[PDB]
Participant: 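If you scroll down you'll find the structure; I have some questions about it.
In the text below, chain A, chain B and the rest are named by the order of the sequence lines, each starting its count at 1. In listed order, ligands and their atoms are each counted from 1. Only a selected region of the deposited structure appears here, and contacts were counted within that region alone. What you see below is based on every heavy atom in this structure, not just the backbone, and it leaves out hydrogens, waters and symmetry mates.
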Amino acid sequence: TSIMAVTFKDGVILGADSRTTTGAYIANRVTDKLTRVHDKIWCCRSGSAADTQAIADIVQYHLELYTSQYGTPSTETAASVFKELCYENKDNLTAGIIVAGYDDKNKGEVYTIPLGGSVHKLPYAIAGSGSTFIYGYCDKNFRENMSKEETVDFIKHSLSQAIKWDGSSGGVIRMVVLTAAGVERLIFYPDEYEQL
Amino acid sequence: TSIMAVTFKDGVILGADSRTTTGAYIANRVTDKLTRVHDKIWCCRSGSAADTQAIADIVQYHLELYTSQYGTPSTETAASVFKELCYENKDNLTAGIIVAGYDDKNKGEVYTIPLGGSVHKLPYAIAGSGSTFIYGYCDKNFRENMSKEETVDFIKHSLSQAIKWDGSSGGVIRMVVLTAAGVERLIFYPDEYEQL
Amino acid sequence: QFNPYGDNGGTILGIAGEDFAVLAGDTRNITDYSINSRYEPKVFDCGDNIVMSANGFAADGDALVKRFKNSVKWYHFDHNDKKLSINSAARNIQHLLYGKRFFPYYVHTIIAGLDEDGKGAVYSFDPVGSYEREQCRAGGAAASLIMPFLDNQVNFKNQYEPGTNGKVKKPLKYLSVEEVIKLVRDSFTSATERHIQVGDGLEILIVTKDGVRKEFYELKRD
Amino acid sequence: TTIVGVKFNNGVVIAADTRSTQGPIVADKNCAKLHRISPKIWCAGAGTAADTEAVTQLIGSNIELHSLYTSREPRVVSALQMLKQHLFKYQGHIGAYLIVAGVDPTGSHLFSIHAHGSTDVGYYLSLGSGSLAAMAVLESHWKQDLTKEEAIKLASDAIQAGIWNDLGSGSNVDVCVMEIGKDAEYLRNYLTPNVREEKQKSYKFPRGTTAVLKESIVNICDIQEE
Amino acid sequence: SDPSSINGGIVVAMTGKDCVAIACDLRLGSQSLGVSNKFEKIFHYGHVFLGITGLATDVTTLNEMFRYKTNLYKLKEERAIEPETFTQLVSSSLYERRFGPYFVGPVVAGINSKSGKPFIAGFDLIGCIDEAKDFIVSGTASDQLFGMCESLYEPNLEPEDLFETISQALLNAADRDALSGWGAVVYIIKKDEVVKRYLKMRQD
Amino acid sequence: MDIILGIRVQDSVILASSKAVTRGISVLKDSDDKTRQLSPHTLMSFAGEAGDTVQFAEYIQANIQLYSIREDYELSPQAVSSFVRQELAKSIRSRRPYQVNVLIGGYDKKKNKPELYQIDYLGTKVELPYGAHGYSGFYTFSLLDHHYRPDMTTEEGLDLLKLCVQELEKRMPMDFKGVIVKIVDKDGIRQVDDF
Amino acid sequence: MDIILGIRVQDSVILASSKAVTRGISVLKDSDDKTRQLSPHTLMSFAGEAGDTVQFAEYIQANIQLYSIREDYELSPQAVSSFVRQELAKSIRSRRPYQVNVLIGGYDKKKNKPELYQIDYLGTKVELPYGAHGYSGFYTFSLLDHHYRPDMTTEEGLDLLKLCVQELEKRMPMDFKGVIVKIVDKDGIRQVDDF
Amino acid sequence: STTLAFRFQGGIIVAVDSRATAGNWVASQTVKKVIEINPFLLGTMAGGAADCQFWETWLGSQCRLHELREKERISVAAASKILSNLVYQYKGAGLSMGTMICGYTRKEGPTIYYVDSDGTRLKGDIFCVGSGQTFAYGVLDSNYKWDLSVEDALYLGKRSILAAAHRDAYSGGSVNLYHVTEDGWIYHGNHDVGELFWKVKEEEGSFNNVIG
Amino acid sequence: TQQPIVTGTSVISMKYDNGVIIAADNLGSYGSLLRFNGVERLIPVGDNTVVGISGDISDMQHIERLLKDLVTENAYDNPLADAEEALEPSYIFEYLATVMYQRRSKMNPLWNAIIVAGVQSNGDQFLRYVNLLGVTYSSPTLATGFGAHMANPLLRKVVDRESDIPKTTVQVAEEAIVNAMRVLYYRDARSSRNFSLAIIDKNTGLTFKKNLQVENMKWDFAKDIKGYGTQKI
Ligand SMILES: *[B]([O])([O])[C]([C][C]([C])[C])[N]C(=O)[C]([C]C1=[C][C]=[C][C]=[C]1)[N]C(=O)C1=[C]N=[C][C]=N1
Ligand SMILES: *[B]([O])([O])[C]([C][C]([C])[C])[N]C(=O)[C]([C]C1=[C][C]=[C][C]=[C]1)[N]C(=O)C1=[C]N=[C][C]=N1
Ligand SMILES: *[B]([O])([O])[C]([C][C]([C])[C])[N]C(=O)[C]([C]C1=[C][C]=[C][C]=[C]1)[N]C(=O)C1=[C]N=[C][C]=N1
Ligand SMILES: *[B]([O])([O])[C]([C][C]([C])[C])[N]C(=O)[C]([C]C1=[C][C]=[C][C]=[C]1)[N]C(=O)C1=[C]N=[C][C]=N1
Ligand SMILES: [Cl-]
Ligand SMILES: [Cl-]
Ligand SMILES: [Mg+2]
Ligand SMILES: [Mg+2]
Ligand SMILES: [Mg+2]
Ligand SMILES: [Mg+2]
């Protein structure tokens with residue numbers, strides 16, 4: 001799995017590959033790893049498909065119940081709910097989740113939650129087996145306050161390399177853009193991103 | 001360990017960090033991993049320090065004896081001698097070696113020999129624990145027929161990132177330039193390459 | 001896998017006199033080949049003229065002492081400020097230790113004080129609560145170095161009277177507090193020489209009818 | 001064990017503590033860890049004591065025969081090469097961790113050797129259980145262009161750091177100075193900061209205290225004449 | 001299972017003024033079962049004395065081996081082997097079995113016949129030499145012996161005083177070890193007379 | 001196999017050895033003689049792993065008989081015991097060691113003294129007034145410690161041996177089917193046919 | 001414990017059980033009665049792990065005695081055997097199962113027939129003319145297969161039982177110190193004091 | 001540990017050794033392996049020191065409660081069964097106990113029960129328990145009779161422990177003797193093996209193997 | 001029982017005449033990967049205490065939340081929350097020590113090593129250690145992980161015993177701490193150049209220094225080192 005979330009001037013963009021593997025067999029080549037826990041709070045999932053689905057479903061329930069009582073939750077709040085589940089059940093879970101969301105007050109925010117259940121607020125985050133191969137590239141090429149088009153290119157190029165080198169990553173590159181304007185889904189096919 | 005060899009217009013350049021570790025203790029922070037098996041045939045060493053030293057010493061002996069009988073050996077020949085030792089003793093060795101050399105007929109050549117003992121001739125090669133973090137960066141930034149100054153910058157930037165992310169890599173960045181002009185040693189200190 | 005036990009080293013020594021008792025222990029605290037502290041008190045005044053030390057795994061040692069000190073406090077509350085006798089304290093400690101029979105306090109416990117006739121008393125425990133009153137006992141890392149010396153120099157074992165050749169034993173004459181402190185100091189000096197976990201400092205607590213007194217002596221720091 | 005090696009202006013110095021241990025017990029309080037390979041090539045050893053001793057004697061013996069064969073004073077690189085190839089062959093099972101130093105016609109040299117056969121070059125080195133305490137001192141106080149007096153001071157201070165802070169090290173500091181164009185000076189017990197204090201009591205027994213069953217003269221002499 | 005503590009036993013050696021002493025217990029057992037109370041662990045080749053603790057078959061084997069080697073030495077050299085030289089021979093012989101060692105704890109004691117200097121030495125099972133000025137200990141109650149020797153010992157003891165010190169060191173150490181005891185022997189060694197004394201001790 | 005005992009009295013050595021042979025579930029034989037005559041005045045009893053015991057005993061027997069023919073002379077019990085010990089001390093560091101424990105009872109015709117040697121599979125030799133291998137000694141040594149004398153007769157030795165066997169038959173779980181008793185003295189070796 | 005046997009003849013059931021109790025190295029007792037009377041015409045012998053055997057037997061005994069008092073009536077051997085089987089079948093899936101094998105010998109006063117039930121620790125019940133637990137059956141079933149009849153007398157049953165015990169004493173490695181024999185018939189339970 | 005107890009004409013003899021070990025290390029030579037449950041009941045201790053000490057002093061509390069509730073001395077059968085039923089609850093957990101419960105009541109006479117941490121409870125005339133039990137059995141079985149005098153029975157028990165103290169490495173220190181009669185138990189002193197061995201050897205003519 | 005995932009390395013500290021100093025680097029490692037470069041591992045509690053934590057970062061964040069909650073709870077119904085009844089270093093430590101030992105006793109430890117540095121009400125210096133096993137000890141100098149092996153030897157040369165504390169100034173003490181951090185960067189493979197340092201003085205209060213860097217490093221001598229023995233070029 002190759003997943004990442006990147007804050008930029010107008011908000012935040014989530015990115016992910018579409019490969020699910022059972023050993024070396026690709027059980028699903030068109031997987032959607034960008035999942036919605038609230039209108040403008042999404043997450044990227046890596047690790048166990050069952051665990052991360054179960055967690056995301058529980059979080060979506062918690063935030064739906066939060067909204068009914070206290071109004072729209074912050075991205076920090078959503079990250080905290082993910083953390084609570086990942087930390088307290090660390091012995092039984094294999095889940096690496098990146099939480100990304102857009103407020104109007106706080107704008108674009110990214111929180112990464114690795115295996116232990118710790119929380120880290122960052123300008124951008126990378127995760128999954130394929131992320132190892134792009135630490136160098138992403139550190140050198142990331143800038144703060146990029147444009148939408150620049151951020152899409154940054155994610156497209158980054159995940160392209162992660163896919164190229166990681167066998168557990170592949171298929172299409174899915175992206176989700178989170179801004180004041182709304183929620184936009186993007187997709188990029190092999191013929192496009194392989195020639196980069 | 002972060003090591004690499006890169007062919008360019010005038011020949012080939014070898015690059016390496018200087019860290020040797022026993023677990024998390026840095027047993028030597030100023031190690032020389034760029035070692036000489038012939039006048040203009042050098043290698044980069046990764047894996048066991050004992051194994052790669054023992055191998056390099058045996059290869060230097062073989063090429064010294066080759067030279068006395070048949071004249072200067074090719075880089076391909078040197079790689080073959082490394083391979084023979086690494087392949088036939090694969091069960092007992094932990095050695096990842098990059099062989100790089102300069103002929104006048106063949107110019108700059110790079111051969112990489114991973115754990116199994118297979119040989120791969122490449123325009124450039126990367127290896128060691130820290131190489132994982134720069135596959136993305138090196139693939140995107142490598143060009144054929146670069147200049148000396150460009151190749152030095154490519155290696156300096158690449159190993160800088162490998163050092164930054166890999167705990168097993170660190171210290172100074174050593175480099176060895178192999179051209180028709182001769183053999184040049186370069187060194188780059190933390191204050192220089194960390195700010196890149 | 002998680003290992004809930006550790007070894008903090010150290011060594012302790014209790015000697016009962018005719019109208020006094022001493023409980024000594026080195027002040028060094030360690031893990032593996034490192035020194036944590038050169039002065040970490042190990043022998044404690046627990047009230048009611050009783051001194052205690054629980055040597056081995058320090059976390060369990062501190063827990064036990066803490067719980068016994070607590071037991072002394074509640075013994076006063078529940079029984080009209082009655083003085084907890086050394087024999088009663090010993091039995092109470094057995095139940096504290098055996099209560100964790102299937103997940104033991106990993107310590108060698110020794111207490112010292114005076115019995116109800118005013119005579120010197122030392123009691124010794126194993127980790128799971130078995131106990132016994134003794135005239136002499138060393139505990140901890142260098143216990144194997146010290147005990148034989150105390151068999152010889154306190155109980156005059158294998159010693160006989162000159163001229164008789166093995167027929168008449170050396171008589172078991174009583175030892176003064178000055179004489180006992182000499183033997184304690186020599187025991188720890190010798191233990192420090194040959195045991196790597198022993199050193200830094202020696203702290204001795206002396207118990208008499210007048211109360212609890214303290215003496216400190218330097219030990220080699222290598 | 002704490003062993004160190006320090007390069008200086010006109011030579012090299014090595015040092016070592018004098019404690020040997022079987023588990024948590026001290027076997028010897030004044031152990032000699034500085035070994036002579038040749039007159040002006042000395043090495044300090046950590047790890048398995050029999051191994052450091054044996055591997056030093058063997059290579060030292062072969063170095064002597066080599067020196068006689070070639071009519072040349074032995075070189076440190078020769079001792080280094082012979083030690084590493086021997087240790088490599090035995091795949092780490094010979095537990096010898098060595099700091100090899102010396103002066104020869106090529107100059108002054110300082111190397112380390114590990115049990116699996118890997119060698120390292122340096123201006124300052126440390127090995128053994130107290131190497132971290134020693135390396136802390138070396139990393140704090142080492143500089144280029146040290147004098148003889150400064151290097152001895154630095155080396156012994158690094159051993160002291162091991163003596164006091166590492167339980168695997170203790171007792172005394174041994175030193176060996178190897179200067180170019182001079183005889184190597186072996187300073188046995190250079191420092192003695194761990195003398196035992198006087199005991200409180202004398203434990204000399206009265207004669208006849210032990211019970212005896214039988215007495216007899218033992219014949220140590222050979223078969224006699226007449 | 002552990003070869004060095006199947007049979008049990010102990011040896012201790014000490015230096016005095018112009019003299020040395022070496023002592024051992026007499027027990028041989030099969031773990032808990034006591035088998036023999038006459039198993040002496042001190043041997044001598046000329047004026048050089050050797051004590052050996054550990055696995056009993058190896059104790060016997062090594063004695064026979066060093067008798068073999070010291071007898072050949074004497075025939076070729078035309079003189080008795082000295083303690084310093086014998087110490088090196090023990091070390092060499094043990095190290096040749098580096099990866100298949102004799103499970104023993106040897107102790108050498110004697111006086112150099114030419115210089116008159118008292119000498120003691122100890123070894124691990126594979127040859128390392130511990131050449132102490134004061135004392136050497138070995139066996140299943142070595143921890144106990146270290147504690148006794150370190151407190152009781154003082155330098156320059158006269159032969160008859162040294163006897164008392166070493167005897168009390170052995171006896172009280174053995175009594176704190178299950179696999180040692182069942183009798184004891186003490187050798188007092190001077191430049192040209194050696195006295196052997198069997199000690200009365202508890203038989204449990 | 002199981003129980004082998006030995007006792008040295010004034011003028012003879014007496015060896016007692018069980019008759020049972022057990023292949024796991026069943027007792028295949030109840031009349032097995034666990035001994036070999038090495039020389040006219042030297043007897044060796046044995047117990048250990050199946051096959052190894054007999055193979056070792058017969059190998060020792062052959063070697064001593066060879067020595068006897070070559071020199072036209074009988075080796076002393078001490079000499080035979082030393083030879084046996086060395087073979088076992090050699091064996092313990094072999095590819096597959098002999099798993100055999102032995103007692104050697106002999107009468108030395110030169111010194112006019114009986115001699116009993118106990119040797120285990122490691123090559124551990126001890127000369128004793130009385131000895132045993134396996135779990136036998138755990139029951140029998142306390143009795144022998146109480147009743148034994150150096151000046152006992154052969155008949156007194158047999159009575160003290162009966163007391164040992166009775167204790168074993170009372171307290172040991174395994175039925176060892178009684179013992180074959182053999183006496184070694186100045187006149188040679190003979191078997192007590194009623195015990 | 002070790003050997004327990006059972007045989008059902010014309011008019012009675014005979015149970016034989018060894019007397020030995022062995023704590024590893026030593027035989028602590030040679031007169032142990034490995035049986036409990038559950039009711040006047042029902043006897044249960046038992047063998048298995050130490051402690052569990054007696055604890056289980058006495059627990060069953062108490063339950064049947066309770067039933068007898070409550071109803072003023074003796075349960076049939078078949079009914080008692082079914083109760084015992086259920087307790088063991090319950091036990092085998094417990095935290096710590098009863099490691100006990102039993103024989104139940106009873107005389108049914110209603111049908112005027114002897115009955116022998118063999119039940120192992122798993123709760124495996126079978127009604128048999130003759131039965132055994134452990135390694136006993138390996139030796140004894142061949143003899144019983146040859147000599148047994150349904151119309152045998154009690155005296156003939158005891159003779160056939162002696163032939164079983166003799167075979168066991170010949171071929172089994174362990175000394176089980178003989179057996180206590182008990183007969184169950186219309187008149188109740190009695191012990192054969194000479195066997 | 002070597003502990004024994006046997007029934008005879010003059011009641012019961014109980015004899016125990018005094019040694020406690022941790023591996024080969026002799027931890028104590030002065031251990032009290034006999035427990036005075038009441039003036040009529042004794043318990044022996046073998047195996048784990050703590051397990052035995054704790055649960056046998058606990059047993060004394062249960063026996064005291066019985067006679068407070070029933071106004072009558074507890075039987076040896078009932079006292080032994082309280083302990084055996086208790087350890088049976090803990091079966092598997094790793095308790096380590098080998099004990100004899102010894103006493104004398106009117107209804108029972110002199111009685112001995114062997115109680116075990118595996119749940120074993122056995123009534124009997126003679127028992128030896130511990131690592132040196134086999135050594136003690138040898139002396140007992142060859143010299144035991146019903147018609148022994150209190151003086152001769154006491155010596156046989158003392159001698160049987162000595163036999164085991166000599167041979168068994170994990171037994172020794174000293175011998176504690178008790179004699180249990182119709183009117184209660186009676187202590188018969190601590191006997192150091194270091195003095196008892198040489199005394200018995202000289203007077204009895206035994207241990208001719210050892211030199212003195 | 002678990003295994004630590006994201007981890008923090010050494011925490012080092014020492015006493016001086018008027019207070020205590022404590023320091024720790026800003027790295028969060030993921031095995032050999034130097035994953036997170038902006039992690040604060042010194043957490044102040046009030047104006048008189050700093051808790052330094054090493055080991056598992058998820059457990060560190062949990063402990064951070066416990067301390068935050070402790071301050072909130074202490075203020076409840078407490079008019080002297082910012083005066084006589086404020087949280088002391090000794091109170092904060094004992095609480096943590098209780099939790100650590102309880103968690104190890106349930107076989108579910110907080111996989112950390114903790115040093116509580118601070119100054120008491122009466123001006124006395126407080127410095128005590130606790131870890132995943134619930135083991136506790138005090139010393140003039142204290143350090144965790146690699147710091148224990150490399151920092152303590154250096155810091156003990158300044159303050160070797162109790163009597164050396166009044167003779168040690170804040171300038172000398174800080175100098176020693178900063179040097180120790182450099183040595184750890186040379187030699188610890190799981191350390192970073194960036195670190196935080198905290199001083200708690202009885203006169204000048206709590207001084208918290210962020211974004212410090214290891215400087216004055218010696219690397220020039222590396223250029224002369226060639227090969228591993230015989231190589232000259
Ligand atoms: B990715 O590779 O980490 C991916 C993300 C997942 C959320 C779709 N995980 C998987 O494909 C996992 C295996 C795995 C691979 C690499 C790292 C960690 C885990 N696969 C599954 O969970 C899986 C596979 N087949 C069926 C169901 N689930
Ligand atoms: B590098 O990390 O691969 C490095 C290269 C070597 C040629 C100097 N190797 C080492 O540092 C190895 C350990 C190792 C770490 C990571 C990957 C593979 C191997 N160290 C040693 O071999 C070593 C350590 N201490 C003493 C001697 N040798
Ligand atoms: B040092 O701490 O490395 C020291 C140096 C030695 C060369 C004199 N080593 C030892 O003391 C070793 C420790 C050790 C113990 C066990 C296995 C391997 C190493 N000790 C000995 O070699 C030793 C122990 N007992 C007797 C003799 N030698
Ligand atoms: B005895 O050997 O069983 C003896 C009696 C015990 C009740 C004091 N036991 C022990 O000495 C045991 C060890 C042991 C030896 C042999 C067999 C079984 C057990 N010792 C201890 O339990 C013990 C307790 N505390 C400290 C040291 N040893
Ligand atoms: Cl999915
Ligand atoms: Cl290298
Ligand atoms: Mg790095
Ligand atoms: Mg010390
Ligand atoms: Mg034997
Ligand atoms: Mg004994």
Participant: Quick one: do you know the drug at ligand 3?
Facilitator: bortezomib (bound form)
Participant: Which chain makes more heavy-atom contacts with bortezomib (bound form, ligand 3) than any other chain, name per the PDB entry?
Facilitator: Proteasome subunit beta type-2
Participant: From which other chains does some heavy atom lie less than 4.0 Å from bortezomib (bound form, ligand 3)?
Facilitator: D, E
Participant: Show the binding site of bortezomib (bound form, ligand 3) at 4.0 Å, heavy-atom contacts only.
Facilitator: D:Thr1, D:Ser20, D:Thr21, D:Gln22, D:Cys31, D:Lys33, D:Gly45, D:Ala46, D:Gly47, D:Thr48, D:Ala49, D:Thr52, D:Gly168, E:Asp124, E:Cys128
Participant: Is the shortest N/O to N/O distance between D:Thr21 and bortezomib (bound form, ligand 3) below 3.5 Å?
Facilitator: yes
Participant: Give me the residue, atom name and distance of the protein heavy atom closest to atom 23 (C) of bortezomib (bound form, ligand 3).
Facilitator: D:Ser20 OG, 4.0 Å
Participant: Give the residue, atom name and distance (to 0.1 Å) of the protein heavy atom nearest atom 22 (O) of bortezomib (bound form, ligand 3).
Facilitator: D:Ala49 N, 3.1 Å
Participant: Which atoms of bortezomib (bound form, ligand 3) have any heavy atom of D:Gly168 under 4.0 Å away?
Facilitator: 2 (O)
Participant: What are the atoms of bortezomib (bound form, ligand 3), with element, lying closer than 4.0 Å to any heavy atom of D:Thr52?
Facilitator: 7 (C)
Participant: Are any of the N/O atoms in D:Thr1 less than 3.5 Å from those in bortezomib (bound form, ligand 3)?
Facilitator: yes
Participant: I'm looking at chain E - what's the name for it in the entry?
Facilitator: Proteasome subunit beta type-3
Participant: Where, by residue and atom, does the entry place a covalent bond to bortezomib (bound form, ligand 3)?
Facilitator: D:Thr1 OG1
Participant: Report yes if D:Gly47 has an N/O atom closer than 3.5 Å to an N/O atom of bortezomib (bound form, ligand 3); otherwise report no.
Facilitator: yes
Participant: Can you check atom 17 (C) of bortezomib (bound form, ligand 3): any protein non-hydrogen atom closer than 4.0 Å?
Facilitator: no
Participant: Identify, by atom number and element, the atoms of bortezomib (bound form, ligand 3) in contact range of E:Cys128, meaning under 4.0 Å from any of its heavy atoms.
Facilitator: 27 (C), 28 (N)
Participant: Which of the numbered atoms in bortezomib (bound form, ligand 3) are below 4.0 angstrom from a heavy atom of D:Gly45?
Facilitator: 7 (C)
Participant: To the nearest 0.1 Å, how far is atom 26 (C) of bortezomib (bound form, ligand 3) from its closest protein heavy atom, and which atom is that?
Facilitator: E:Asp124 CB, 3.9 Å
Participant: Of the UniProt active-site residues in chain D, which one sits nearest bortezomib (bound form, ligand 3), and what is the shortest non-hydrogen distance (1 Å precision)?
Facilitator: D:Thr1, 1 Å
Participant: Taking a 3.5 Å cut-off between nitrogen or oxygen atoms, can you list every pair linking bortezomib (bound form, ligand 3) to the protein, with distances?
Facilitator:
residue                           : atom   : partner : partner atom : Å
bortezomib (bound form, ligand 3) : 2 (O)  : D:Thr1  : N            : 2.6
bortezomib (bound form, ligand 3) : 2 (O)  : D:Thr1  : OG1          : 2.2
bortezomib (bound form, ligand 3) : 3 (O)  : D:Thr1  : OG1          : 2.3
bortezomib (bound form, ligand 3) : 3 (O)  : D:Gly47 : N            : 3.2
bortezomib (bound form, ligand 3) : 9 (N)  : D:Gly47 : O            : 2.9
bortezomib (bound form, ligand 3) : 11 (O) : D:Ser20 : OG           : 3.4
bortezomib (bound form, ligand 3) : 11 (O) : D:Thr21 : N            : 3.0
bortezomib (bound form, ligand 3) : 20 (N) : D:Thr21 : O            : 3.1
bortezomib (bound form, ligand 3) : 22 (O) : D:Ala49 : N            : 3.1

